[PDB]
Amino acid sequence: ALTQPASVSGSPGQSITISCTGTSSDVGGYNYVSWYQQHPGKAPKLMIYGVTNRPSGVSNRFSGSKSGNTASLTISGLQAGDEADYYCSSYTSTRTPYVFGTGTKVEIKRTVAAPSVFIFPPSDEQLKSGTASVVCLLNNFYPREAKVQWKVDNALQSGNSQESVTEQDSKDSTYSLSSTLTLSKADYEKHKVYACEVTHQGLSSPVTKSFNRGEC
Amino acid sequence: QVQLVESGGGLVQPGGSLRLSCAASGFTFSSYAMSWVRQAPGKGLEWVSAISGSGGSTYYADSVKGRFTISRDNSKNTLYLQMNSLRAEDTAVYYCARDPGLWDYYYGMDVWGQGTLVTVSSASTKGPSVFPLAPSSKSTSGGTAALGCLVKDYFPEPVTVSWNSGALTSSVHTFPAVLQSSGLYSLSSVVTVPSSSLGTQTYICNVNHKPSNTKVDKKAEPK
Ligand SMILES: C[C@]12CC[C@H]3[C@@H](CCC4=CC(=O)CC[C@@]43C)[C@@H]1CC[C@@H]2O
């Protein structure tokens, strides 16, 4: 596709710019570059067509341009809600009639916010199935970087967990993370203490949350 | 009432076939090139095919040319991606979209439908089991409590989770599904709420995995 940076970040009120690098047969030689904004889980929205044109209704905070073989989207006065993926596209004089760029994720910078952390035991319901899931929630932290590891009876766990992170929140610009520990009921029942230890910028040292299996 | 409503997505076996539909309303469908764009899970938009307003010129991407065919109906206002010979790598959300260029093209798609998931896999539908993540006294956050539901072992995507039938939305995090080495997806949906509310408000997640006719409401509660 058309070359875009993987990611662009700035603070609210900044102006940031996303480039889109093509060739003389597309972005460089013709004035049919478009830009789309796509929020997590929604359809893209047309922000700019014909290099510089904004469809009626699109905020004048978004402007398009190009120089040589590179088009740029400039978003002025960055908002929290401006977090999204952005795609350019171009007509090409080649067999290719139309192509998209590789897309850029816009991250809004904000103050450091330590995760609030929670641990959940497997449900009584679930154990009857011969498997236990223990979940650790890291809520509303910033920056994105986190580490979470599992300790059962104090022994660091390897290879029995998966993590999922949310997209940057549109209002508070934070992230949340789940860490899920999967054990056989059998293995689960033959240990007592279950702990999630979180490491994050906004926290002096690790925060641990645990419970004891069979504790109230 | 300007809109494009898609249908026909689903879980389809490899080498298999599928026909997608895209029903147009609120505009003169014949007057506009319409287009199919797809996005594989986590990936970018890939232009797949396009067709002239009249159908007389339909146009297609490389990666798809062999086995896909775009087509259209201006009385039924409907675009089709009869999609045949499907492979796993055509697994994506498929969108249709309008170029609003009336006498000329924008090279820009303005009106978009909502998307349809196409999953090309030889695995079969499997509904989730739903377990509470109960508010728990081993992390009692002064003023804020967390609880949730674990939605484990389903296929294909997607699953939807809401809380108290849509009443509770602020403070909800429904995490992106992750594929287990079991080949099944799993996710949790959580919510933070005042500790004080655990004694005054009941919390029930409503999970719906339409592909498997699995509907489930689970209460997430203390002790
Ligand atoms: C629809 C479209 C403008 C019209 C394009 C289409 C790509 C292929 C194409 C080839 C042609 O020769 C005529 C115009 C069309 C049909 C483009 C894809 C997106 C863009 O908006």
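Chains: lettered A, B, ... by order of sequence lines. By the numbers in the PDB entry, the shown part of chain A spans 3-218. To match the PDB entry, the residue numbers of chain B are left as they are there, and the shown ones run 1-223. When a ligand or atom number is given, it counts from 1 through the structure's own listing order. Note: hydrogens, waters and symmetry copies are ignored here, and every other heavy atom, side chains too, is used.
By its PDB name, the drug at ligand 1 is testosterone. Structurally, the main neighbour of testosterone is the chain that the PDB entry identifies as Immunoglobulin heavy chain. Going by heavy atoms, the other chains that come closer than 4.0 Å to testosterone are A, B.
Counting only heavy atoms of the protein, atom 5 (C) of testosterone lies nearest to B:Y107 CE2, 4.1 Å. The nearest protein atom to atom 14 (C) of testosterone, hydrogens excluded, is given as B:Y105 CE1, 3.4 Å; this is a heavy-atom distance. Within the 4.0 Å heavy-atom criterion, the part of B:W47 lying near testosterone is the side chain and not the backbone. Entry annotation: chain B, source organism Homo sapiens. Of the protein's heavy atoms, A:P99 CB, 3.2 Å lies nearest to atom 8 (C) of testosterone. Within the structure, the closest approach of B:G108 to testosterone falls below 4.0 Å when heavy atoms are considered.
Nearest to atom 21 (O) of testosterone among the protein's heavy atoms is B:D99 OD2, 2.9 Å. Regarding atom 12 (O) of testosterone, its nearest protein heavy-atom neighbour is B:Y59 CE2, 3.4 Å.
Of all protein heavy atoms, the one lying nearest to atom 6 (C) of testosterone is B:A50 CB, 3.9 Å. In this PDB deposit, the label for chain A reads Immunoglobulin light chain. The residues of other chains having a heavy atom under 4.0 Å from testosterone are listed as A:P99, A:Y100, B:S35, B:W47, B:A50, B:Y59, B:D99, B:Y105, B:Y107, B:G108, B:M109.
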May I have the N/O to N/O pairs between testosterone and the protein that fall below 3.5 Å, each with atom names and distance to one decimal?
residue	atom	partner	partner atom	Å
testosterone	21 (O)	B:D99	OD2	2.9
testosterone	21 (O)	B:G108	N	3.3

